[PDB]
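Caption: PDB structure containing peramivir.
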There are 4 protein chains.
Amino acid sequence: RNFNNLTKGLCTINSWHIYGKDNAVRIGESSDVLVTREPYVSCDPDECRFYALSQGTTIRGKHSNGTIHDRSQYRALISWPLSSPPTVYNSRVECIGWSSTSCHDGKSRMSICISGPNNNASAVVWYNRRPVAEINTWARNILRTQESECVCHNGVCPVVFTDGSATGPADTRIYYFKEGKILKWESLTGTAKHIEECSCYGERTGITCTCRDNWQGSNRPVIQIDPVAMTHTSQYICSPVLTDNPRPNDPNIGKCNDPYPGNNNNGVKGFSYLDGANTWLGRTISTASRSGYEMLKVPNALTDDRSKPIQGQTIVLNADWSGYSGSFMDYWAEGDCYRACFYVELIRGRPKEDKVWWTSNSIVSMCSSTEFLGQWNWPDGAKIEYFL
Amino acid sequence: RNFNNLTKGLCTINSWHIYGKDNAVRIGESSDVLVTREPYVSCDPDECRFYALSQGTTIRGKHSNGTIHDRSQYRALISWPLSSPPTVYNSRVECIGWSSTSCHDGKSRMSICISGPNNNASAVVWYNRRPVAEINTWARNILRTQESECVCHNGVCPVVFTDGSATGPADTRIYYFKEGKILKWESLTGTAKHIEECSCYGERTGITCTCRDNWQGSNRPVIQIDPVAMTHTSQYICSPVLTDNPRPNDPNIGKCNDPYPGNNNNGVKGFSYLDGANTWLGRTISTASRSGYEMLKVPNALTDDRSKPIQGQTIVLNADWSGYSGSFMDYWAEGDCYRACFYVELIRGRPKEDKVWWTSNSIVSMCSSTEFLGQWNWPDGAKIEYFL
Amino acid sequence: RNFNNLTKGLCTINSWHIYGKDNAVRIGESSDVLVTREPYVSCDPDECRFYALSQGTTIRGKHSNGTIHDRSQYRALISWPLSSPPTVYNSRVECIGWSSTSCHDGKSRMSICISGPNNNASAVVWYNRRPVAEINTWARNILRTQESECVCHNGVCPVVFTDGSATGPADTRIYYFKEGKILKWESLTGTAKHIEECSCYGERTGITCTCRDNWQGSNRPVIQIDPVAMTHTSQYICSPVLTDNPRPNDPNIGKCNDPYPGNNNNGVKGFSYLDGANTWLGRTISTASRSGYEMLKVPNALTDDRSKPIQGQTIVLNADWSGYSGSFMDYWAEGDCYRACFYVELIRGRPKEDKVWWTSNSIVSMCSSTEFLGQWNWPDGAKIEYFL
Amino acid sequence: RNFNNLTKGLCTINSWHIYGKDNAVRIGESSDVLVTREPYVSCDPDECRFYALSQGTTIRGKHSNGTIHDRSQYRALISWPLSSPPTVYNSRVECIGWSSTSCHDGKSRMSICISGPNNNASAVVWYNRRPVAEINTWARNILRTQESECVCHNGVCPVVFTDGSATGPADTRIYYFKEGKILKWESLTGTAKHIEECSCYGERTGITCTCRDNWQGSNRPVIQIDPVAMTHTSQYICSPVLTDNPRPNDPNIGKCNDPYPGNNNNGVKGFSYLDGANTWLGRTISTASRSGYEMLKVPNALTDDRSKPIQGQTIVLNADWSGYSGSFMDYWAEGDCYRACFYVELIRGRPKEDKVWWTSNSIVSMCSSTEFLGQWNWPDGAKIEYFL
Ligand SMILES: *[C@@H]1O[C@H](CO)[C@@H](O[C@@H]2O[C@H](CO)[C@@H](O[C@@H]3O[C@H](CO[C@H]4O[C@H](CO[C@H]5O[C@H](CO)[C@@H](O)[C@H](O)[C@@H]5O)[C@@H](O)[C@H](O[C@H]5O[C@H](CO)[C@@H](O)[C@H](O)[C@@H]5O)[C@@H]4O)[C@@H](O)[C@H](O[C@H]4O[C@H](CO)[C@@H](O)[C@H](O)[C@@H]4O[C@H]4O[C@H](CO)[C@@H](O)[C@H](O)[C@@H]4O[C@H]4O[C@H](CO)[C@@H](O)[C@H](O)[C@@H]4O)[C@@H]3O)[C@H](O)[C@H]2NC(C)=O)[C@H](O)[C@H]1NC(C)=O
Ligand SMILES: *[C@@H]1O[C@H](CO)[C@@H](O[C@@H]2O[C@H](CO)[C@@H](O[C@@H]3O[C@H](CO[C@H]4O[C@H](CO[C@H]5O[C@H](CO)[C@@H](O)[C@H](O)[C@@H]5O)[C@@H](O)[C@H](O[C@H]5O[C@H](CO)[C@@H](O)[C@H](O)[C@@H]5O)[C@@H]4O)[C@@H](O)[C@H](O[C@H]4O[C@H](CO)[C@@H](O)[C@H](O)[C@@H]4O[C@H]4O[C@H](CO)[C@@H](O)[C@H](O)[C@@H]4O[C@H]4O[C@H](CO)[C@@H](O)[C@H](O)[C@@H]4O)[C@@H]3O)[C@H](O)[C@H]2NC(C)=O)[C@H](O)[C@H]1NC(C)=O
Ligand SMILES: *[C@@H]1O[C@H](CO)[C@@H](O[C@@H]2O[C@H](CO)[C@@H](O[C@@H]3O[C@H](CO[C@H]4O[C@H](CO[C@H]5O[C@H](CO)[C@@H](O)[C@H](O)[C@@H]5O)[C@@H](O)[C@H](O[C@H]5O[C@H](CO)[C@@H](O)[C@H](O)[C@@H]5O)[C@@H]4O)[C@@H](O)[C@H](O[C@H]4O[C@H](CO)[C@@H](O)[C@H](O)[C@@H]4O[C@H]4O[C@H](CO)[C@@H](O)[C@H](O)[C@@H]4O[C@H]4O[C@H](CO)[C@@H](O)[C@H](O)[C@@H]4O)[C@@H]3O)[C@H](O)[C@H]2NC(C)=O)[C@H](O)[C@H]1NC(C)=O
Ligand SMILES: *[C@@H]1O[C@H](CO)[C@@H](O[C@@H]2O[C@H](CO)[C@@H](O[C@@H]3O[C@H](CO[C@H]4O[C@H](CO[C@H]5O[C@H](CO)[C@@H](O)[C@H](O)[C@@H]5O)[C@@H](O)[C@H](O[C@H]5O[C@H](CO)[C@@H](O)[C@H](O)[C@@H]5O)[C@@H]4O)[C@@H](O)[C@H](O[C@H]4O[C@H](CO)[C@@H](O)[C@H](O)[C@@H]4O[C@H]4O[C@H](CO)[C@@H](O)[C@H](O)[C@@H]4O[C@H]4O[C@H](CO)[C@@H](O)[C@H](O)[C@@H]4O)[C@@H]3O)[C@H](O)[C@H]2NC(C)=O)[C@H](O)[C@H]1NC(C)=O
Ligand SMILES: CCC(CC)[C@H](NC(C)=O)[C@@H]1[C@H](O)[C@@H](C(=O)O)C[C@H]1NC(=N)N
Ligand SMILES: CCC(CC)[C@H](NC(C)=O)[C@@H]1[C@H](O)[C@@H](C(=O)O)C[C@H]1NC(=N)N
Ligand SMILES: CCC(CC)[C@H](NC(C)=O)[C@@H]1[C@H](O)[C@@H](C(=O)O)C[C@H]1NC(=N)N
Ligand SMILES: [Ca+2]
Ligand SMILES: [Ca+2]
Ligand SMILES: [Ca+2]
Ligand SMILES: [Ca+2]
């Protein structure tokens, strides 16, 4: 009934506990489960749900052949109950397209989907399940957005978009929406040199987004947004604990205002929680491919170019495939602090497992604990040979 | 809680954006998706849904054999969540029959289904999910109706029916319903010479229906209805931009008060938005068969027999199958204008793809934008060979 | 919020219109549809639903083998949305057992299921989805009940039970429930000599039940119940238009107070609407087996032993299988009269179609019209050979 | 809106009536039914539901191979509508883990799931569908809990946990939760020597839990909890009617304060209702394996070491497989007493039926009657050979 305001700080993060897991590939071996990728999680005031980009076919369906493809007319943003798999019969379509974001402002949910050919893409902004505003491509090269949830404050929901080359200078914009309408947009400023797929969270200080430099960087760009003034700045995570993938080995001095070099023209969506001594970074374990996942406690990672881990937790073993990761929080939970959460996309199939002709994923998700909890590891769990 | 009144004009239409798409044939290759045809879209005050005539079998089911047939005892009007496919487990049956219309009046939804043999058909009018009134055939020859949504004003919901020959003079009536009860009916008046499958929308000026002349015309008949006086007139779209299918090539002078000749005893359900300089017409790209779909901006198409396009947008490539098309709007959306919307039925199977024994469809739907958005094309997307 | 009172008379019945049809066997050929039998329909104040006794297996499931059996531990009363099929995923279990009745009193629904071996069966009475009262067998021989909906007045819902031989004298009781609790029960009185499977409806005059004499009669016993005094009487339909199955040919004088002879130890559940000149009887067309179905207007059938039809309507052709039939009405519909409704069970499989090893059914349902509507015929529609 | 208080005594138990049964294995032979084990039942103020630990695969799915395993990353506590089977499309995930409990306090539901490796397991406590508190392992040996519902009084919901050896002395704790937060915990006191899988119910006197001694006992330990003082005591059921499995034959003197010897390092979850002369015990019929199930009326079983049965009821024949059993009640039912209920897990597959590679179950559930009802028997009902 009222817009949510970001009035709390992050809860102290001493470990991570299991929040959700859908086992979608395991179940989809023998159930009508939609092929997906680019999943995330987002909360309403009364419910938290899984989100992803469907490929408009089930995994066992013959149309799963070719689903490594990123952008087709058969994709849509869908949502479904927490820890259920995305099935044909329980998935709610939020909008049509092949790149998305979504968030609830306390009153209603805004969802954004982009569709179109590479040179003529357009975003449609939905609010309370109705289309409200539209944004045409500005650089005519795959207009695209976060692939995880946005964050709102007093009705204002900033969203990061990029249009242009994925392997060079591009045109990144921050849009400020309210009830789906465009209040304002800004071109990217600050020292981040390339921006993709921002993972955002909000707290009393403002909104923090950790992104993917797909051009020259293996450190992650950060965009900090003031949703009241509707302004932002950008830089990189200063820490030498590098968190993109693929990536070089960790040095002892990171880079605050420029890409850390070694790997070009690639990356993976990821996230971090940047909160002084309460700072935690997520990354794939492997420096070469999207396998494994760990959280590392790196004090002042955002600002300290010497910072190293003082604690950690394995989420997925290096022997198991991971993928995209991003942040979300239940802004409507009771208590005096916001509990940090994240999900990890567990990609199965192509390109790495090419005995099948499809690409899909399942989801695992965690939230922070003030306890120091024992760790497990959370594989997708499907046997690829069952699909042969 | 109150009846909706048509108090707004159309939003300015500068392009079209994707609204919904269910990918039903793709998904139905390996899911329990009902065989359908004659789909449409209609909104409640709190939700918009897909509608269609089920054939009472799934596509993979052996009973899909023979579903080219138009009128069986196994058909029903079903509705299901926007952009989901019509599955056995998520489809709500509105009423039983093989021709239908449906609309919400602001308080409750009226649904009409016609069933029966060709010489003894009858309509049942449902209101708030209960049968309220019934109408017996008057010409004993396939009593039939719109196959898209009706429109209401202050509780009054006009509906166009036809009974009689589909290839000659027939008996068309306009009925005026309120809470499912018959207030009044009228025989067709005006210059339209044959009427089928009217696609309607409402705005402050009244209700506008674009129909199908299945007898001698390839221009589309139009019926204009005053839901307050409960009266109507009819003519044809004057424009030489002809919009039926099949159809002759576009001349330079159209016909306002008589069928444009060249093609007899056939047609396709279609629609238009007739709003002065803000006028847009939909049509198949092919003049020979139901393939492709485009929208054309044709100023004053209704009244100007010389009018030509000044802008357009491709919806479906000519290389891809289309089918029926019709209008709907979310009359309960916020703002100062009604946003024009439409759907296109994408028919797959027989008669054109006869290596399968079934006929079904999927749906694509668009709404207008005040932006000038880039265009894509929206194929059904199923590979027919997967069903062999 | 208040108990419903029976304050209206029946609407004038001039013909019948299609109300619902689920096509369950057609769809179940390739969908997870539960095997059922003994279906019915019953309304809540906000919704009308299909009901039936599941067999605890789908039709395609290997456990469908043997489902001709009447009483197993795997049966349950289920309900599901009007005109949907009874699927594993959309069916709500009301209670466990192999004989049932159910009705809404205006505030909440009472459901009764009987389970047990032949000599030790017991009824459990559920109210507002909780078990409230239980009734043990009194004759130790298949305690059993209506297999269609009961009817309530000011909270009082009478139900007819039988315990004892199905082919001789048995012990029939009328129970009077309120909020699931037993107010009173009575032994059968009047001239009906054997009672099974009563089909009931209520109006201002009281509650009328048409039953099945499975012993010596081919005319139908009738029980008339005053839900205020909680008393009843019984007789037979006097009309020589005989309505059981199997049955002798129609004579010219029927029997008011004794079974009409010719066929012993068999019958079928059926119904009638007994309302003076507005009287309609349902029956199978065949006198030999459960095939075909027709409604006949037989003025004063209840009291006139000479009464013959003056109008009729075919529901199912004799060439198509029928089965059980029963009455229900939407007591919560608006207007000044109760609209008579009925369903027909369309049995497929064993014993008549024994190339399959299962027995199931679909449902067709009609309601009365004050119009004189054209008639169609409504087959189950499944091709049995598809299941081989 | 208010916390439930335990203000009533147990209803007099004179027999048991069928409450629910899902036939999950029968249906899962040809439907997307999840593999489960460790099921239970629990009520909300407006609904009662089935619960179980999913294995993250369907029965027909190839991933059902190996589901005898107790603790994997693919398990989750799910709930689903009463007497429906646990399907992919109707099951709601409550939390992730391989051991669980859940209960409603009158306002909202608390659910607890434990996950992790054997030496590093942790419990997450959810309240109103959000994670609220976490508890780390204290003995580093399979932290584990009830596998049936907990019970609340004025917001306080006690839960019994065990950590440590399953075949020797272990560390059992009673936790006291309110709105998911830990008010207090206590180490086990009293004469019970080993505690597993407590089955609890509440009434005005307090909360009673019947557990499983997996070490040296074949009599069942009992924990009695005062949810106001938040204190407890423990002992064994004194009766010589022994109720664990496997177990020795019944002696004539039981043991109140020590394990009854004969069988070591095994057991089965079970329950009892301990209420003076109104006392009923459940047990498997076989003393050797988990087959059959019966209820026995054993007056003062808790305190009388000579007590023997004076009445009984067979639930499952010895010829049929049973498994875990536990207590629940609808604390929100109307009336002056709490109606005792229980469920029995009917395990199918491995280890006893090893021609299949999976292990799953279905559920049967009963509630008490004040009538003396006839008894039936309730097998799972699936034919194992259909799965070959
Ligand atoms: C039950 O569950 C519990 C809870 O989960 C389990 O306990 C957990 O165990 C895990 C696994 O060991 C721990 O995670 C690691 O944490 C360490 C950080 O803690 C260590 O270091 C701290 C900092 O020390 C520095 O400062 C202090 C200041 O005093 C100074 O004294 C010290 O000398 C040093 O200068 C210490 O404070 C800390 O000690 C404390 O905690 C101890 C317990 O851990 C305890 O015993 C002590 O008493 C004290 O209380 C401790 O020593 C992380 O460093 C580590 O992450 C690195 O290693 C993993 C591989 O295991 C790797 O994947 C990570 O990426 C990372 O290493 C890479 O990056 C580094 C940084 O750039 C680089 O330096 C490395 O060379 C390495 O780089 C290579 O790999 C990466 C990745 O592939 C690649 O990108 C690079 O290019 C390169 O190739 C782990 O996260 C948990 O913290 C711990 N949790 C708790 C609460 O205890 C418990 O084990 C379970 N029980 C059982 C029986 O299983
Ligand atoms: C990214 O996306 C954007 C947005 O979608 C893309 O931009 C769009 O591009 C499409 C495709 O070109 C455009 O659609 C066409 O629009 C034209 C109408 O616009 C043209 O004509 C206007 C009218 O000109 C007249 O009046 C002016 C008054 O000043 C006068 O000056 C002029 O000389 C003439 O007298 C012009 O105003 C307009 O110019 C403006 O816009 C230009 C951009 O388009 C711009 O460059 C200019 O500067 C200016 O601003 C422009 O010239 C439609 O005519 C056309 O539809 C016809 O053609 C298609 C085939 O492509 C056909 O399917 C249609 O049915 C139709 O042609 C049939 O019907 C005609 C009418 O009867 C008939 O005459 C034809 O012979 C033909 O008939 C045959 O086929 C039919 C169908 O099968 C059959 O039934 C007949 O029997 C017969 O066989 C298109 O709709 C969009 O308007 C445009 N949108 C925007 C906002 O720009 C962009 O391309 C994308 N980018 C990339 C890189 O892909
Ligand atoms: C479009 O749809 C419309 C609407 O549905 C269709 O119109 C409908 O058509 C059907 C089919 O014909 C009609 O159903 C039949 O109705 C008759 C009753 O109506 C007839 O009889 C009335 C009574 O006459 C008596 O009294 C009058 C008083 O004046 C007196 O004048 C007369 O001489 C006689 O004494 C007449 O009033 C009535 O006339 C009126 O209506 C006419 C239209 O029908 C109209 O033309 C007239 O102008 C006038 O207005 C009319 O003559 C039922 O008798 C009949 O049911 C019997 O026959 C069917 C087989 O068709 C059978 O299945 C039934 O069970 C029943 O016959 C069995 O039972 C009898 C009673 O015991 C027995 O006597 C029979 O021998 C027979 O018994 C055998 O079979 C049974 C069953 O298997 C077995 O159990 C026995 O043992 C034995 O073996 C039909 O129900 C509709 O009424 C009619 N509706 C309307 C509104 O018009 C229209 O056709 C469709 N259009 C097209 C093109 O298809
Ligand atoms: C329709 O449905 C109805 C309702 O369900 C059916 O009626 C039911 O029928 C069942 C089956 O018979 C009954 O269950 C049994 O109940 C008896 C208890 O009742 C008997 O004993 C009572 C106590 O007598 C003692 O005190 C009295 C005090 O006066 C004294 O007089 C007497 O001499 C003695 O000292 C009697 O009061 C009672 O009589 C009353 O009820 C009679 C009807 O039952 C009636 O005829 C009388 O007039 C009177 O009114 C009656 O005699 C339980 O003992 C029994 O449970 C034992 O047996 C079963 C096997 O059947 C077994 O599975 C149980 O575990 C148990 O036996 C084991 O444990 C014992 C205790 O340790 C042990 O002693 C045994 O040796 C045995 O141990 C072995 O097996 C176990 C298990 O595998 C193993 O662990 C051990 O190690 C060892 O190997 C049954 O539960 C119902 O009570 C009854 N219900 C009602 C309301 O009547 C009706 O039959 C159905 N109709 C039809 C046609 O089918
Ligand atoms: C070309 C730009 C890419 C991001 C830097 C690309 N984004 C889009 C909209 O295509 C992603 C990338 O190619 C894939 C990934 O690296 O796994 C997913 C893919 N993302 C989506 N398909 N939504
Ligand atoms: C004979 C009259 C026809 C319309 C002019 C016909 N309508 C009905 C009720 O049968 C349509 C037409 O035959 C088919 C179409 O052209 O695709 C669909 C078909 N419409 C439906 N099956 N609902
Ligand atoms: C033996 C008594 C019979 C009724 C007269 C019998 N009723 C029960 C409870 O078994 C019915 C009868 O045998 C079958 C019918 O005639 O189709 C159904 C069957 N009814 C049900 N299975 N519910
Ligand atoms: Ca990079
Ligand atoms: Ca035409
Ligand atoms: Ca009979
Ligand atoms: Ca034991």
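Numbers restart at 1 for each chain; the letters A, B, ... are given by sequence-line order, proteins then strands. Both backbone and side-chain heavy atoms feed into the values below; hydrogens, waters and symmetry mates do not. Order of listing sets the numbers, starting from 1, for every ligand and every atom in it.
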All copies of peramivir: ligands 5, 6 and 7
At the binding site of peramivir (ligand 7), which chain contributes the most contacts (name from the PDB entry)? Neuraminidase
Chains contacting peramivir (ligand 7) (heavy atom, under 4.0 Å): C
Nearest-option assignment for atom 11 (C) of peramivir (ligand 7), heavy atoms, candidates C:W215, C:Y324, C:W98: C:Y324
For C:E147, the peramivir (ligand 7) atoms whose distance to one of its heavy atoms is below 4.0 Å: 21 (C), 23 (N)
Note the single closest protein heavy atom to atom 4 (C) of peramivir (ligand 7), along with its residue, its atom name and the distance in Å. C:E197 OE2, 3.8 Å
Heavy-atom distances under 4.0 Å are what count here, so tell me which part of C:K269 touches peramivir (ligand 7): side chain, backbone, both or neither. neither
Nearest-contact summary for atom 13 (O) of peramivir (ligand 7) - protein heavy atom, Å: C:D70 OD2, 3.0 Å
Nearest protein heavy atom to atom 10 (O) of peramivir (ligand 7), by residue and atom, and its distance? C:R71 NH1, 2.9 Å
C:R75 and peramivir (ligand 7) - part of the residue with a heavy-atom distance under 4.0 Å: side chain
One residue to check: C:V268. Relative to peramivir (ligand 7), which of side chain, backbone, both or neither has a non-hydrogen atom less than 4.0 Å away? neither
Has peramivir (ligand 7) got any nitrogen or oxygen that is less than 3.5 angstrom from a nitrogen or oxygen of C:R290? yes
Give, by chain and number, every residue with a heavy atom within 4.0 Å of peramivir (ligand 7). C:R37, C:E38, C:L53, C:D70, C:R71, C:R75, C:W98, C:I142, C:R144, C:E147, C:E196, C:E197, C:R212, C:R290, C:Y324
Mind listing the N or O contacts between peramivir (ligand 7) and protein, cut-off under 3.5 Å?
from                 : atom 1 : to     : atom 2 : distance (Å)
peramivir (ligand 7) : 10 (O) : C:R71  : NH1    : 2.9
peramivir (ligand 7) : 13 (O) : C:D70  : OD2    : 3.0
peramivir (ligand 7) : 16 (O) : C:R212 : NH1    : 3.3
peramivir (ligand 7) : 16 (O) : C:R212 : NH2    : 3.2
peramivir (ligand 7) : 16 (O) : C:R290 : NH2    : 2.7
peramivir (ligand 7) : 16 (O) : C:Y324 : OH     : 3.4
peramivir (ligand 7) : 17 (O) : C:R37  : NH1    : 2.7
peramivir (ligand 7) : 17 (O) : C:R37  : NH2    : 3.1
peramivir (ligand 7) : 17 (O) : C:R290 : NH1    : 2.7
peramivir (ligand 7) : 17 (O) : C:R290 : NH2    : 3.4
peramivir (ligand 7) : 22 (N) : C:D70  : O      : 3.3
peramivir (ligand 7) : 22 (N) : C:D70  : OD1    : 3.3
peramivir (ligand 7) : 23 (N) : C:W98  : O      : 2.8
peramivir (ligand 7) : 23 (N) : C:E147 : OE2    : 2.9

